[PDB]
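Here is the structure we will look at, set down as structure tokens.
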Amino acid sequence: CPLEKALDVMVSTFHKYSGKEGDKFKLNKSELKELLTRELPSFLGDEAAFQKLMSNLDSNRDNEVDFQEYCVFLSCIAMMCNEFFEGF
Amino acid sequence: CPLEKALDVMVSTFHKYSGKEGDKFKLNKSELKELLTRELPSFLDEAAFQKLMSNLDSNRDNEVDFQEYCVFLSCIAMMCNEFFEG
Amino acid sequence: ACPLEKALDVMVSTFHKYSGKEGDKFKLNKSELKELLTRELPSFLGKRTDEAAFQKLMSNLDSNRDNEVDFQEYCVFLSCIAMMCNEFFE
Amino acid sequence: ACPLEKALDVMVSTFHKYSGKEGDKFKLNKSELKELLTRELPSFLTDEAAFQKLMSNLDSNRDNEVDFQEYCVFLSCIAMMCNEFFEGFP
Amino acid sequence: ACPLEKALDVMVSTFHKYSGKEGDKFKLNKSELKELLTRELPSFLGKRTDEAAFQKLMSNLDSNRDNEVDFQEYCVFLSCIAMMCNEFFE
Amino acid sequence: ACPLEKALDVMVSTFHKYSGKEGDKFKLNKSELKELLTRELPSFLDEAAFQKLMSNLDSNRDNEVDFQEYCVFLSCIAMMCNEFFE
Amino acid sequence: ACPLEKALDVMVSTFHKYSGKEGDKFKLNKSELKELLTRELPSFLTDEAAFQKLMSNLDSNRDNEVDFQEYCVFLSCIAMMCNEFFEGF
Amino acid sequence: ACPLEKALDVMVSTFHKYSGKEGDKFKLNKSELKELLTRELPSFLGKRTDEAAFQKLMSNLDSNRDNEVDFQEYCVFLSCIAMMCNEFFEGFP
Amino acid sequence: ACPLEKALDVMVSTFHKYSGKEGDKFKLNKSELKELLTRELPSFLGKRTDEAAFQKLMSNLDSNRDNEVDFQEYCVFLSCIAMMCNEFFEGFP
Amino acid sequence: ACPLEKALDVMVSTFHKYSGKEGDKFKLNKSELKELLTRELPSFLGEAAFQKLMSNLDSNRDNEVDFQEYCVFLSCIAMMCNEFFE
Ligand SMILES: CN1CCN(CCCN2c3ccccc3Sc3ccc(Cl)cc32)CC1
Ligand SMILES: CN1CCN(CCCN2c3ccccc3Sc3ccc(Cl)cc32)CC1
Ligand SMILES: CN1CCN(CCCN2c3ccccc3Sc3ccc(Cl)cc32)CC1
Ligand SMILES: CN1CCN(CCCN2c3ccccc3Sc3ccc(Cl)cc32)CC1
Ligand SMILES: CN1CCN(CCCN2c3ccccc3Sc3ccc(Cl)cc32)CC1
Ligand SMILES: CN1CCN(CCCN2c3ccccc3Sc3ccc(Cl)cc32)CC1
Ligand SMILES: CN1CCN(CCCN2c3ccccc3Sc3ccc(Cl)cc32)CC1
Ligand SMILES: CN1CCN(CCCN2c3ccccc3Sc3ccc(Cl)cc32)CC1
Ligand SMILES: CN1CCN(CCCN2c3ccccc3Sc3ccc(Cl)cc32)CC1
Ligand SMILES: CN1CCN(CCCN2c3ccccc3Sc3ccc(Cl)cc32)CC1
Ligand SMILES: CN1CCN(CCCN2c3ccccc3Sc3ccc(Cl)cc32)CC1
Ligand SMILES: CN1CCN(CCCN2c3ccccc3Sc3ccc(Cl)cc32)CC1
Ligand SMILES: [Ca+2]
Ligand SMILES: [Ca+2]
Ligand SMILES: [Ca+2]
Ligand SMILES: [Ca+2]
Ligand SMILES: [Ca+2]
Ligand SMILES: [Ca+2]
Ligand SMILES: [Ca+2]
Ligand SMILES: [Ca+2]
Ligand SMILES: [Ca+2]
Ligand SMILES: [Ca+2]
Ligand SMILES: [Ca+2]
Ligand SMILES: [Ca+2]
Ligand SMILES: [Ca+2]
Ligand SMILES: [Ca+2]
Ligand SMILES: [Ca+2]
Ligand SMILES: [Ca+2]
Ligand SMILES: [Ca+2]
Ligand SMILES: [Ca+2]
Ligand SMILES: [Ca+2]
């Protein structure tokens, strides 16, 4: 099931990076940087632009990205992709 | 990039089934049934289907649009995430 | 070991897989072009698009107006798709 | 699976893999062009003079770099070449 | 091609891959059990687990209290995990 | 990924692939157990011999094989394999 | 492992896959040759006359069939063509 | 799609992978020939063969005697190997 | 994992894939041997042999003359094939 | 494609991958045989036990293992495996 495996990849990827330092279940600036760089290179197409992104994702303003904020982020990307299918 | 491919699969799967009948960009009961059966067998009679169709269709237009589809997938991801909390 | 050279191969070979089916072996007629787009570029068209949208496409690609799509017209068409993809990166 | 749609992906992605290394992130300098040809199009390619002759041909707007549009023309040119094979070399 | 027969093979072979490293060749000491869980069952332990939780586990598996994990104890442990997984289906 | 984690997955999923076909969705009847053994464990495996096995596995004597009895069975096979290494 | 050794294997085996169908097991008749060209070398080649011209060219000992040797020459000849691409004319 | 077309491609490409390393870019010198044989045809050469056996081989393939193996001489060599392989199907009469 | 251990697996498993089809579950009758050779060793038989060449072979493999090929007779056969292969490595003397 | 023919290929090739290392290129000396067994048949091998094995295989007693003696050895392992099916 590509779809079930896709969910697996989404969930597992978060934890591959979140558990590196500090809170094991939350992405700090550094870990977020790794994940985006290694896992979503197409999206990231500089430190200031990173900060603007980190700010956007961290909606509860605790300086880190939890799984929930991570899902919202991925949905956002999905949202973009979907625009292609409706035919701009 | 597994993750970028994962997003691709999520978005593409929706349209593989939504465009079969009626509104090309929305899942009717029949299309949703196919997608769940063929694509999410681990998650899944007719009553339980109706309860699901009802839950996902938050704007109550009798069909599942992409946005409602995303919420549904987030929900599943949410459950998977619980496992990782030890 | 060369995705790009393989990609060119796929681009060139795909044309001839469909063009040589009927009529002129080196040109795509409305029917052959319909097959290629449907089977090979489903993301560009999408299902059951009304014959009118096909005609508008067929018209746009056939720049020398001979009612068929030759390899040169086919490349322009692919370039055009590439161009669109490139906007994503830009 | 769509070999053709993946082929287009490879064509566009390969450009950016090399163009974003130095300088203008959306254009290929002599150096980046040299990597791309060497690693991605070995079949097509070597002294520095032949490279210069090539860089010169590709850079039609004469800004010393190869933009995506110039790149597409280049790839089409290769495809053109390939196409001659299918027509028995007329 | 029998996934299930291969799966049984993997279960039996993985044990011996780690048990035969030191001491009793047919039993897992604290160190050998640490490797197996870290390398082979990362989802169960979650990376970099501290020493106390390890000890609590080593204690739970070693039902005959000989300070090591024999194949039989190992199977119970895997059954346990399988039980866990099974809950998801019901 | 992890051969061993995948191996547990296959063990658990295989059971359900056959248990949910008829009757109790979480138990293997004689018929379902026949399928699983035949298609999935051909090396291990005559109606009488089948009855003798069905009898051995069904330790709580409810005429079917639940997941717990299943794992004991697989453990038994593992046990056999282990003897080779010794 | 060894693409090249595998390539020699494919060359040799493919011949036999078709030669053994009818008549002499170790030679290609017009029909078996037509199959091999159509299914195995579609880029090289359909109308009858051009087939005859080919069968004529390959069958250098003129026994109406294509033996393995006459096959090797044919394949070498194709390789020669391909080589011209590298040998930048 | 076509094992046989791919086979010819590998045949032609492998030549050039080794011939363009040094000297004439379109011919195999003793050294390039030894690489190709060793890395691409290990079954033919077997292993740890003597500089003399190599010389005998280099000598056999270099029909026009210019001390290098060209594409044409290379085709003859592979045909030759092909011939041997063919004997197996012919049951080694 | 280990090509060689997997090879032995394939050798033993294949025998039983065909022997257990009819009659004695642990021996190969004319018919089951015909399937095995055709489906599993096509290179050895070549293509569509006459029934007579099959009989000559069945005869050769069945050393104990019980009209069937047991696992031991099977091994001898496979070793025989290996022997042949080995001649290739030994310069074909 | 043919597992069985590939299996014969592996059997024959493996021998020569080790025999041609030192001395007679077409025979296995004690050292070469040790390598082959260690690296290729780890499941079989439980200095003295090695000597007992070397002695058993070397039926013509020339202090090395030739291909024919190698086939006998492999057949022997096959016999062993066959007992399982029987
Ligand atoms: C076919 N085999 C593949 C694995 N599957 C496991 C089902 C649960 N599993 C999951 C559980 C714990 C952590 C991550 C995941 S990944 C996932 C994603 C979506 C769903 Cl509905 C279920 C899961 C199904 C059984
Ligand atoms: C390596 N090649 C892989 C394909 N890439 C496509 C980029 C756009 N694309 C997307 C667009 C429309 C529908 C589905 C998708 S799929 C996707 C997923 C994630 C992102 Cl950030 C972007 C996309 C470009 C890079
Ligand atoms: C490894 N082997 C792969 C095949 N190669 C073919 C060379 C020419 N070949 C081509 C010719 C005619 C039709 C399609 C193609 S496909 C292609 C794509 C790009 C280029 Cl530069 C050259 C080609 C040569 C190197
Ligand atoms: C099957 N999955 C593969 C990804 N697809 C994404 C659709 C757009 N996408 C594209 C966009 C941006 C950069 C590269 C590409 S690659 C491409 C090639 C051809 C077309 Cl018509 C569309 C695209 C469609 C869905
Ligand atoms: C299909 N190939 C797979 C391997 N088979 C060999 C039979 C024994 N083999 C086993 C023996 C010793 C250690 C681990 C295993 S693994 C296994 C699992 C289940 C069973 Cl019934 C039998 C085995 C049959 C042949
Ligand atoms: C990358 N993905 C691979 C699969 N991972 C398994 C996560 C939970 N999952 C499981 C859950 C429900 C049914 C079957 C299984 S299979 C399994 C085996 C062992 C363990 Cl500790 C956990 C599981 C999660 C990480
Ligand atoms: C890994 N294994 C692959 C197979 N090998 C077989 C050696 C002989 N074998 C051959 C014999 C009869 C028909 C086809 C072929 S295929 C081939 C190609 C090139 C050469 Cl030198 C030798 C052969 C030995 C090495
Ligand atoms: C599917 N795509 C694969 C690549 N194809 C290339 C066709 C020409 N090409 C060739 C040309 C120059 C060097 C090597 C080769 S490889 C080859 C082998 C046999 C033949 Cl008839 C033609 C060729 C076209 C069909
Ligand atoms: C004058 N001219 C016009 C276009 N042609 C020139 C080079 C073709 N040449 C090639 C050479 C040998 C065999 C097959 C090919 S087909 C090919 C494909 C791609 C490239 Cl970059 C170059 C080639 C053929 C004749
Ligand atoms: C270790 N080395 C020693 C030299 N040996 C060459 C003899 C094998 N012989 C053959 C004879 C003459 C020219 C080329 C070949 S290559 C070949 C391919 C297939 C077959 Cl069945 C038999 C052969 C190959 C094995
Ligand atoms: C498709 N291609 C696969 C390779 N084939 C080679 C046939 C001869 N070849 C052999 C000869 C010398 C050394 C190793 C081997 S490997 C082998 C195994 C079984 C048999 Cl009957 C024959 C062989 C021919 C058919
Ligand atoms: C990873 N897993 C691979 C399979 N392993 C099985 C061990 C015994 N197994 C065997 C047993 C019974 C019948 C056929 C076979 S197949 C085989 C071949 C050679 C040897 Cl030494 C051992 C075996 C155990 C290790
Ligand atoms: Ca962390
Ligand atoms: Ca936060
Ligand atoms: Ca619809
Ligand atoms: Ca709705
Ligand atoms: Ca046409
Ligand atoms: Ca036109
Ligand atoms: Ca640049
Ligand atoms: Ca420019
Ligand atoms: Ca231990
Ligand atoms: Ca214990
Ligand atoms: Ca029960
Ligand atoms: Ca014939
Ligand atoms: Ca002839
Ligand atoms: Ca050279
Ligand atoms: Ca020469
Ligand atoms: Ca039988
Ligand atoms: Ca017998
Ligand atoms: Ca030796
Ligand atoms: Ca001896």
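First the proteins, then the strands, lettered A, B, ... as listed; each starts at 1. Atoms within a ligand are numbered from 1 in the order they appear, just like the ligands themselves. Per the header of the entry, the method used was X-ray crystallography, 2.8 Å. Side chains included, hydrogens not; waters and symmetry mates left out as well; all remaining heavy atoms used.
Of all chains here, the one making more contacts with ligand 4 than any other appears in UniProt as Protein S100-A4.
The drug positioned at ligand 4, selected from mitiglinide, prochlorperazine, cefaclor, is prochlorperazine. Lab note - other chains with heavy atoms under 4.0 Å from prochlorperazine (ligand 4): A, B, C, D. Distance cut-off 4.0 Å; other ligands and ions near prochlorperazine (ligand 4): ligand 2 (prochlorperazine). Residues of chain C that UniProt gives as binding Ca(2+) and that have a heavy atom less than 4.0 Å from prochlorperazine (ligand 4): none.
Lab note: binding site of prochlorperazine (ligand 4), heavy atoms under 4.0 Å, is A:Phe84, B:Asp8, B:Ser12, C:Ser43, C:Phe44, C:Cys85, C:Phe88, C:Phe89, D:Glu5, D:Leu8, D:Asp9.
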